[PDB]
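Depicted below, fasudil in association with cAMP-dependent protein kinase catalytic subunit alpha.
To find a chain, count down the sequence lines: A is the first, B the second, and so on, and within it residues start at 1. Atoms within each ligand, like the ligands themselves, are counted from 1 in listed order. Only this structure's heavy atoms are used, side chains among them; waters, hydrogens and symmetry mates stay out.
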Amino acid sequence: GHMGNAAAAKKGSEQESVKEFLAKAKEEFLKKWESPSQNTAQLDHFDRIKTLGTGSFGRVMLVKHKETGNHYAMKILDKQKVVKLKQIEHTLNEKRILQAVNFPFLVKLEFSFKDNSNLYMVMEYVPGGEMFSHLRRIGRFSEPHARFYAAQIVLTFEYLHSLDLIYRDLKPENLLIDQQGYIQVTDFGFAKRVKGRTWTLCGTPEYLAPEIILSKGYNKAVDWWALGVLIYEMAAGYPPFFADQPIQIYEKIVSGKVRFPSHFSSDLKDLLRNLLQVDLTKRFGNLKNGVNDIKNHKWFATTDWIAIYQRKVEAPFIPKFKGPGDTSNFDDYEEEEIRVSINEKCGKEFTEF
Amino acid sequence: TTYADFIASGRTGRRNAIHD
Ligand SMILES: O=S(=O)(c1cccc2cnccc12)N1CCCNCC1
């Protein structure tokens, strides 16, 4: 067979140990999920420094805790705008997930609170910026570099899926690089805790699985499809399906055809054909062997999964770090006031926050 | 080339999700 006795026994033991880890991780998650933390700091504990990111969601600001001097990234949402955009449930769910999960590649919520006007999630500051910026600058990542990041996503999805969390928002724009070169996943607005199927059309066109496009009920296999898109884009410098307009992108996604750069290794192409598999009965991550079809694939043969989890692998790339509070890996944005009204807005809606 | 096609797509910058 492919493995002799010693290798087979080692792999089996490793796979059983994953099960044991995940069982304990679920117990811990469920305790925090059922009794979320609330109101663990306040706005005047922090100095506002600079805007790190802005969007329809709101803003993320670099802040400094006045006592410790520790920097954090503070996501600020205007309660009235959340209501207007019909994002109450997503916003509550994002905070609930973040305060309940615990994994080395998931950003940590250090504090959260609210005031008359806004909701605040204070997360660890991840100073390396978005993978997106580094990928577009460098052009593409070597296969070992892409593999290092991919392995972290595989472990992160193995963890999330064991909690019945589908992620649904994977793309380089949503992956940050920390000071040690490891990945941090931060955005949980599209994540959903659901054991079976779900139906919402959400995500980013290039990363949508065919079954989402085709308005099917779908499951956690969409995250494994998205991993295939991510690995492809990391290694090629462009995604597998693109076009001028989303409608065209969707046609390519559902077609069952993907083409690869000539520099892709055969191992990479085989993995990607099995992740970018339109037929759900054939897609890796969705078969009887589960995540093991991915972790045991030849493209990952050099990956020491425990060493990645323990963060003992030397990262292939370390972002420039001039010091605490350095924001040079993020873009510059027009700075807007943080208005706090004298009157409480949308109190009932956000009781759980 | 595929790279040139990517640049021509106009989708080389940050990509919005569907709801945005
Ligand atoms: O970089 S963020 O502003 C950001 C969010 C959360 C925690 C962060 C921690 N450090 C820096 C930036 C952070 N960002 C906003 C949405 C776009 N996707 C990437 C996350």
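- The other chains with any non-hydrogen atom less than 4.0 Å from fasudil (ligand 1) are A.
- Fasudil (ligand 1) has an N or O atom lying under 3.5 Å from an N or O atom of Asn174(A), backbone or side chain.
- Of all the atoms in fasudil (ligand 1), the ones that sit under 4.0 Å from a non-hydrogen atom of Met123(A) are 6 (C), 7 (C).
- Remark: fasudil (ligand 1) and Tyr125(A) share no N or O pair separated by less than 3.5 Å (distance only, no angle test).
- Of the residues of chain A in contact with fasudil (ligand 1), the majority fall within UniProt domain Protein kinase.
- Close contacts between fasudil (ligand 1) and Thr186(A) involve ligand atoms 6 (C), 7 (C), 19 (C), 20 (C) [criterion: under 4.0 Å to a heavy atom].
- Residue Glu124(A) approaches fasudil (ligand 1) through these ligand atoms, each under 4.0 Å from one of its heavy atoms: 9 (C), 10 (N).
- Short contacts between fasudil (ligand 1) and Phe330(A), defined as distances under 4.0 Å to a heavy atom of the residue, involve ligand atoms 1 (O), 11 (C), 12 (C).
- Geometrically, fasudil (ligand 1) and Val126(A) share a nitrogen or oxygen pair separated by less than 3.5 Å.
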